[PDB]
Amino acid sequence: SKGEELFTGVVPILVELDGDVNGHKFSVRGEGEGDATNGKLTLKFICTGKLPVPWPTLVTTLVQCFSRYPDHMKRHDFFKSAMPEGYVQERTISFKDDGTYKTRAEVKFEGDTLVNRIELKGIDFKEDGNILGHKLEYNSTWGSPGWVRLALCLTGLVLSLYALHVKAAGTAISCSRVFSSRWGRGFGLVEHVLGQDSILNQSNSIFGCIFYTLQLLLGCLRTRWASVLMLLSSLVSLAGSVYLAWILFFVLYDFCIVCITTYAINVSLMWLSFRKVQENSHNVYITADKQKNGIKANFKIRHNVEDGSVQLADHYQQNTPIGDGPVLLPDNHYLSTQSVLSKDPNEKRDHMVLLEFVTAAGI
Ligand SMILES: CC(=O)C[C@@H](c1ccccc1)c1c(O)c2ccccc2oc1=O
């Protein structure tokens with residue numbers, strides 16, 4: 001890029017957004033600096049009254065020319081090559097079971113400043129949704145686990161506590177024929193490796209209470225060690241549930257109902273933990289659009305809802321160069337983005353403080 005020379009060095013950023021969400025008209029003015037050398041953005045946004053939508057739903061709309069491209073991908077940087085004349089970035093943002101943003105932006109160099117002017121229009125939002133009802137977390141640590149996870153873990157806890165009330169003592173005499181066997185204690189395999197004298201050789205329901213309590217507790221967490229811990233624990237729980245299920249049929253030839261219920265519960269927590277691990281994804285997927293001399297892009301942003309659920313936001317993006325000069329057309333690649341939102345204690349206007357780290361990868 002001959003525009004790449006403009007991004008060696010820290011570059012001042014100014015952002016201006018005129019929006020209209022379901023009639024509610026608003027404006028946002030932001031300022032900061034960008035450092036393409038480390039793919040680092042630092043910006044402060046101010047709602048020039050109070051913002052009618054959550055700030056996270058505006059991060060994506062609110063400068064990919066600061067993405068750090070490694071040297072071996074330098075020829076795949078469309079965004080800098082469009083500079084200084086700029087590019088037009090048009091997006092459709094579809095919130096699942098809710099409205100839709102339509103955005104169009106001019107990103108160009110005005111004097112010494114990189115400017116991103118944005119026109120936004122949001123339609124078909126329900127006034128008690130997650131967006132207009134302001135039901136989205138900002139950067140919280142302790143939150144809800146979701147009524148799905150709550151139902152699963154509470155149900156499993158009641159069932160395991162029931163099994164304890166059974167062995168330690170509608171119609172389940174079929175169960176207590178199962179629990180009394182050698183497999184109702186330490187999954188039948190703790191006595192083989194650690195002996196029967198071990199403290200770890202407990203009734204499987206103890207592992208049940210510890211497991212469902214741990215799942216429900218880690219479901220209230222937004223960090224990764226709880227996510228990976230959830231994945232490994234639910235994986236072990238799944239293996240033990242399939243082993244015990246294999247003992248129930250074809251070996252004992254008995255058919256207890258609480259066992260099938262807890263098998264389904266462990267399958268549910270397994271799918272939930274798998275999803276929760278694998279959809280932590282800010283990956284901007286970029287392909288070249290030759291007909292318009294620009295690029296096309298797909299991705300999915302998942303916002304945390306205050307009740308522990310996730311609000312899905314699908315992103316369809318188009319970028320078209322502003323000049324008639326030459327620009328780079330890339331091969332298929334993706335951008336990795338990490339965003340950290342925070343507040344400024346010196347600011348009383350409705351605002352947002354954004355730190356961002358974007359690097360190119362893929363090709
Ligand atoms: C409903 C339970 O918690 C008891 C169940 C179980 C299932 C998965 C993980 C822990 C505990 C369980 C049985 O399936 C079972 C099957 C065969 C033999 C004994 C059993 O006792 C159990 O602990």
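Counting from 1, the numbers follow the sequence of the chain as shown. Counting convention: from 1, in listed order, for ligands and their atoms alike.
The drug located at ligand 1 is named S-warfarin.
At a heavy-atom cut-off of 4.0 Å, the residues contacting S-warfarin (ligand 1) are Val178, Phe179, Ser181, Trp183, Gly184, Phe187, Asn204, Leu244, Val258, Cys259, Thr262, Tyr263, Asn266.
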